[PDB]
Amino acid sequence: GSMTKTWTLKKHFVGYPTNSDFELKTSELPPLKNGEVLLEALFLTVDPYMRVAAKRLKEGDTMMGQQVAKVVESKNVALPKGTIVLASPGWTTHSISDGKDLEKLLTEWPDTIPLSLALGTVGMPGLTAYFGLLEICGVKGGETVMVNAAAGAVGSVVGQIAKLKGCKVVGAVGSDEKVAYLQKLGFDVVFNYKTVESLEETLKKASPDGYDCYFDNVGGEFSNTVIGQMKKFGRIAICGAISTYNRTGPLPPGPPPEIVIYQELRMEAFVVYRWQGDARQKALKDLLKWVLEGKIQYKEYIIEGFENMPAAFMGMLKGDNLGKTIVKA
Amino acid sequence: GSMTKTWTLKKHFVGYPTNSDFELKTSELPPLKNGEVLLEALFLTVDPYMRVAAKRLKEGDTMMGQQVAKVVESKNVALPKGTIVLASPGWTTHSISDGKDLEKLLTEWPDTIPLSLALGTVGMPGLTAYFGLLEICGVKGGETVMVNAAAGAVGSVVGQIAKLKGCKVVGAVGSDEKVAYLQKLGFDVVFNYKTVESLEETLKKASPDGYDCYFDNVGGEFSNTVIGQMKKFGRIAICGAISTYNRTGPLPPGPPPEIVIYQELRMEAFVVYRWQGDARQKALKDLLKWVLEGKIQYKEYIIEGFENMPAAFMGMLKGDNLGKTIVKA
Amino acid sequence: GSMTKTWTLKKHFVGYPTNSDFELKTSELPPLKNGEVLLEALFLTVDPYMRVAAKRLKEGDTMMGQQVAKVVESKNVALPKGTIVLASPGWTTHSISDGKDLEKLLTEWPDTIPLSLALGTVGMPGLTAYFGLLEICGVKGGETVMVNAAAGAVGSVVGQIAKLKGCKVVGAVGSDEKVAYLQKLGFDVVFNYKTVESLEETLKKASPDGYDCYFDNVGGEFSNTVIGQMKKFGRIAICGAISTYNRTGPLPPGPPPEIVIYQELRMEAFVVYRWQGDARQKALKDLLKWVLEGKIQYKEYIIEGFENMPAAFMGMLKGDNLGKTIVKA
Amino acid sequence: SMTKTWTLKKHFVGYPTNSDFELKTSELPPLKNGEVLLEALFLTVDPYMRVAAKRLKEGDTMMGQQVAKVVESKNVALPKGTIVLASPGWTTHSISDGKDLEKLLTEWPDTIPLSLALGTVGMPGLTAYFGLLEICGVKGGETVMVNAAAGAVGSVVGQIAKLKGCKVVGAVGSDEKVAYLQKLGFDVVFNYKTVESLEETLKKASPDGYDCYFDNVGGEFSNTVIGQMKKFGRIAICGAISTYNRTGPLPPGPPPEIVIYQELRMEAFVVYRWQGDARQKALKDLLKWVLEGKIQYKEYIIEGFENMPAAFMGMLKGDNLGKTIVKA
Ligand SMILES: NC(=O)c1ccc[n+]([C@@H]2O[C@H](COP(=O)([O-])OP(=O)(O)OC[C@H]3O[C@@H](n4cnc5c(N)ncnc54)[C@H](OP(=O)(O)O)[C@@H]3O)[C@@H](O)[C@H]2O)c1
Ligand SMILES: NC(=O)c1ccc[n+]([C@@H]2O[C@H](COP(=O)([O-])OP(=O)(O)OC[C@H]3O[C@@H](n4cnc5c(N)ncnc54)[C@H](OP(=O)(O)O)[C@@H]3O)[C@@H](O)[C@H]2O)c1
Ligand SMILES: NC(=O)c1ccc[n+]([C@@H]2O[C@H](COP(=O)([O-])OP(=O)(O)OC[C@H]3O[C@@H](n4cnc5c(N)ncnc54)[C@H](OP(=O)(O)O)[C@@H]3O)[C@@H](O)[C@H]2O)c1
Ligand SMILES: NC(=O)c1ccc[n+]([C@@H]2O[C@H](COP(=O)([O-])OP(=O)(O)OC[C@H]3O[C@@H](n4cnc5c(N)ncnc54)[C@H](OP(=O)(O)O)[C@@H]3O)[C@@H](O)[C@H]2O)c1
Ligand SMILES: COc1ccc2c(c1)c(CC(=O)O)c(C)n2C(=O)c1ccc(Cl)cc1
Ligand SMILES: COc1ccc2c(c1)c(CC(=O)O)c(C)n2C(=O)c1ccc(Cl)cc1
Ligand SMILES: COc1ccc2c(c1)c(CC(=O)O)c(C)n2C(=O)c1ccc(Cl)cc1
Ligand SMILES: COc1ccc2c(c1)c(CC(=O)O)c(C)n2C(=O)c1ccc(Cl)cc1
């Protein structure tokens, strides 16, 4: 009896996604069964991983993704109308759930921050920065950390956790606007990797001593240069490689194995969902407390309208976003 | 006084080394001074690293390398005539030393094994396999381990230590004679990577479940294929990358970061000389005991004549060697 | 005074252009000076060369390009109101010109054909096909000509001029619709290069004798295969290499010089603007006359709306266009 | 009669190695009508053999040309003592029927070595002659880039360019070769192996660019040269020796943006395209220029048929200054 809107993949991406690769559909959801609830999207997220996972989708399928939603119709006594939850039905305005696949927000979640932070700094990207930096990289204080995409959802949290842990932070971003923003946040050195005369010279001057840690979101040639300036036994958290997600040809060369061996680098990739239970719960509480204390400032790149969700995904891949990209329903 | 012969790098290598890139030179060493000794090479080693480190030499320099030598003339009572030592004067038949840079063999070294094992299984390559497998890969027992160059000095020791730790071993070699030899040693699966119809399908049949560990001596496209079949949380010891040492053009593409990230691989490069003191002495003794007890079989590829040292170096780069490549003086 | 709209390059392209790389800007043009005129764009062209030339622009500059325009205000007696001219002010709807850089259409230009053909078959792309085939390739009749992008502006004119000169034409295109269209036109063989089981096998069956001429618009691996089937002393007109314009990494391998040398191939690149004066005028008249006689059928891929000019440029790079891509103001 | 023959034991992997060749001694049959027995005096080794050996079956004889003399004859047109060019491969003695033999120039004097018939006054000299004068189309005054400029073909290219009034920028692989070509008078000569940047070196050697490019090397080297060709510049694609011994994929191709913008003309060629009167005219011109001192000849002589594999391998690695020749 209820209607919904859903973004589906009409055509597989070639290079960057385009508007014609998506198709909006209006359908009628089935009636609720006993124990089910109807969820209305309040905020939806778009994330770089969707560019990679989309290739395993079939044409006509719904784009994957998480959202903050509220119950608008309930046949479940535990989930009354008004309940806020995180759910991953994909790019859709309304969806059916039985309760098992839903996640309530932290009990201490205050009204002083937008619910949309549950998809960002106090959500999956913030957890990625938390464990990638503190556990994979293992910063203990005083290290020099290189982080790229430093003005995005993950990188901005990485740099600010590093600063509050007593580290020096060198950040790479793709616009002068992002450089200014992170400078205001207090990052030690920030530069626009698109306009540097020499990426090697820039990284050398940013830290003549080398780099203890590298939180890598970009991959590709950029990371080959960073590897040449890691300290011996330096540590790389392989978080992402967004410079390759939209590639049409072969991957770029790897770093010269001469340098990798001499540098005896430890390089570990990770997926945020590895951490669950009490470890995950504790990381969310730390992130919430740091936001409320101002040690982590949040900024959101809000795109208004479900109909503009493809445009938000496409823009984020191209760096339009300063901070977590969010679609307000 | 005494005469000597020395192999020098006449020209920097372009692709594989050739005879024209080396020049034998005969010089007269000065008489011995107080505290000096004259060393006569008994066995000299050639190793893949020399292909890469030679680029940092100047044309005319002596090729670098280690050797087992004996004192044949002494003005140093602490190093009497007949003393056996390890020394790294380069590709030379005779050399003068004062003692500081000389390393005696293990005191328990028996006459039942060749002195040349101090350059191989009970030497630098054996230590490389030892720490690369037990620490960097961190084998606990029961893992499925992929080792390439599995019939070489390091790789053959890797597979044999893995077998006595209870691991399944999948070895890749370059000739049918190497396939047969390692099968007789007991390696679970061994194949000739040069003649298999498809490296990917071969690795899948050798272990449909994937690979817990990857001892990587080869790098390049081969490692790209192995990475597509690593188990989640799989560990890679980046030991060498010999598939690139003789390249004329750019490095090959890197591994797909999509697989590296989702499988959350740990990948650490290492240099054998990192381990010193009691850990190194303890590893040498473990290797020596394993040899005498038959747990580690040794095979040497002996090339006779100092004048054939370039041919041994080139042949080993071409895969001629079954076991440690050694030049008998 | 008069208002105008201008497409600017907001960001340098990384891979394929995206909407985020362009910015529409509204300006107020200054008053006309004596001898100047105000031009209103009727049709604008987008062309592959713009993907490569944009690299030399500064961010904020106007995208380069040609257009058919009409004088809407004149202080120039030679250019009264209503005059149609070709002009190259870039991607702009209104512009000021002093007349020197303007080109009137052929005096015999009839009302029976679209004005936009002055940007295509009876314009710059038609001149590229004309001189590239008749002069650089030097077809005299009876040759077998391989042309790729055979359904684009240049390639479609190449194949049709080749057919009317008595040549056999083998065309490569990127869709089955383009295969069907060119087969109907009378091209001897046409195939979809994206779906062939083996590019070499397809080209061998299309002409077991080889290829006398190769009009190359694509470059890359495709041309490596074509070179492997050129007749001895075959001629290649290097017109474009669009398969590399949107690359993120290094160029692909070159053709095997063993084949290029033994086949003694003649390869000459050219720019259409080399030909001027009477030679250029003669070609324009030939192209118009062939169009009016039906020997050259024209097709246009029309995108309506100046605001959709970036989308027409991007679509053409992705093969959306059958025939010359044109933006109707 | 007995003979000695070098055969391809194993197909090459990278550069040829000593083990890839096998010397075989066989007994030739007696002569029939019109047949002669040839004794090799000089044999040539050439870069093309590295590539043509890929079409051989293992056990076959290595291909190649040689100067030979008739030591036994049943052909009146070819008496004992006659000098001829023959291509029986790497063999000390061979039987021929006369059809495939070529007499030397009739005016060939005793003042020059016979072995020049395999070099400056032979196939490599003809390659430089037609490659430069026809494919590059030198008329005089051009700035000419020639690599392998101290080899058989490249040294003749640079000297024909000098006598036509051209500026010559030559690339070689040793300081000895740099000194030899600087002494000959080449305008600019550099060791491409020791420059820190090939682009900088070519930029300063000719800030104006290059009118012509005689290409013996190919690969990355030629990608750099293409970025410095003047508009409408001409490239003679003679060889690509930097790729003959490759084990992996070819390097990237030249940047098409530059090739199109500069409207470059690039034509490959094989020396045997020219025959009859055009070939004869070139041979005469080359002999005249050698006798007049305009083309100096230098040979890299390796003595002994048994060292022919070593001469072929060394030439591929740049040991040779001038044409590599094996003295039987
Ligand atoms: N391992 C995990 O579990 C995990 C979880 C979440 C995210 N990730 C990864 O972390 C990265 C960041 O994700 P996010 O959610 O925070 O997105 P984000 O950084 O907010 O947005 C993507 C950003 O990447 C940059 N970018 C795009 N193309 C680029 C290129 N070619 N070179 C360099 N930078 C480029 C752009 O910023 P500039 O203007 O600075 O270029 C853009 O703003 C992605 O690689 C993603 O896959 C991993
Ligand atoms: N990091 C360290 O401390 C350290 C120390 C010592 C050695 N290493 C490295 O460990 C590796 C083994 O060294 P080693 O002394 O034991 O040499 P080795 O394996 O005894 O000899 C090299 C072997 O590599 C193989 N090979 C050559 N080219 C190859 C290619 N393109 N692809 C695949 N395999 C190829 C050949 O065997 P096939 O018949 O299987 O091709 C050859 O026998 C080298 O990469 C070396 O640099 C590292
Ligand atoms: N030298 C000169 O003076 C001159 C002048 C004008 C144009 N040109 C060149 O000539 C070519 C054609 O230009 P045009 O104006 O006629 O454009 P066009 O062919 O009308 O449009 C470009 C076409 O190229 C094809 N294409 C795109 N990406 C490709 C790829 N990766 N591989 C193969 N084909 C691809 C697409 O058709 P498919 O469906 O077949 O992919 C597309 O329709 C371009 O290379 C251009 O630079 C040269
Ligand atoms: N008809 C034809 O098209 C034709 C006929 C004959 C020869 N050729 C070609 O012309 C070239 C020269 O032949 P040639 O008979 O005169 O031989 P050559 O130049 O006397 O000997 C080959 C020379 O090439 C150089 N070389 C080797 N490897 C190299 C590399 N990787 N990069 C750059 N230079 C390298 C060496 O000199 P450096 O010390 O300067 O490196 C070596 O001396 C070859 O490419 C051959 O195939 C073509
Ligand atoms: C990846 O290319 C190289 C280049 C140089 C290398 C190595 C590898 C390795 C490791 C290997 O791959 O064997 C070593 C050990 N190299 C040395 O220069 C060296 C030699 C002796 C000492 Cl004491 C210290 C360092
Ligand atoms: C670049 O190669 C990939 C491919 C797939 C990936 C990721 C990275 C990452 C990590 C990232 O880069 O954000 C994630 C999370 N991928 C998922 O498929 C996924 C999607 C939804 C869920 Cl619930 C769980 C997993
Ligand atoms: C680089 O790949 C090759 C392959 C074959 C080649 C050549 C080059 C060259 C030129 C060179 O590079 O020297 C020649 C002359 N090839 C011959 O097969 C040949 C032999 C005899 C005659 Cl009559 C005609 C041609
Ligand atoms: C792929 O590398 C390039 C880069 C720039 C190019 C071209 C090709 C071509 C040819 C082509 O289309 O391939 C042209 C014409 N370029 C121009 O910049 C240009 C010059 C003058 C005018 Cl009036 C208009 C455009």
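Each chain gets a letter, A, B and so on, in the order the sequences are listed, and its residues count up from 1. Start at 1 and go down the list; that is how both ligands and their atoms are numbered. These values consider heavy atoms only, across backbone and side chains, with no hydrogens, waters or symmetry-generated copies.
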Report the drug at ligand 7, choosing among indometacin, xamoterol, indapamide. indometacin
Provide the name in the PDB entry for the chain that contacts indometacin (ligand 7) most. Prostaglandin reductase 1
At a cut-off of 4.0 Å, which other chains have heavy atoms near indometacin (ligand 7)? C, D
Looking at atom 11 (C) of indometacin (ligand 7), what's its closest protein heavy atom, distance included? D:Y48 CB, 3.6 Å
Among all protein heavy atoms, pick the one closest to atom 3 (C) of indometacin (ligand 7) and tell me residue, atom and distance. D:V51 CG1, 3.8 Å
Protein non-hydrogen atoms only, distance under 4.0 Å: does atom 15 (C) of indometacin (ligand 7) have such a neighbour? yes
Could you find the nearest protein heavy atom to atom 21 (C) of indometacin (ligand 7) and give me its residue, atom name and distance? D:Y272 CE1, 3.8 Å
Hey, which atoms in indometacin (ligand 7) end up nearer than 4.0 Å to a heavy atom of C:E258? 1 (C), 2 (O)
Top protein contact for atom 25 (C) of indometacin (ligand 7), by heavy-atom distance: C:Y262 CE1, 3.5 Å
For atom 12 (O) of indometacin (ligand 7), find the nearest protein heavy atom and state the residue, atom name and distance (0.1 Å precision). D:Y244 OH, 3.5 Å
Enumerate the NADP(+)-binding residues UniProt records for chain D that place a heavy atom under 4.0 Å from indometacin (ligand 7). D:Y244, D:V270
Identify the binding-site residues of indometacin (ligand 7) using a heavy-atom cut-off of 4.0 Å. C:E258, C:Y262, D:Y48, D:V51, D:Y244, D:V270, D:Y272
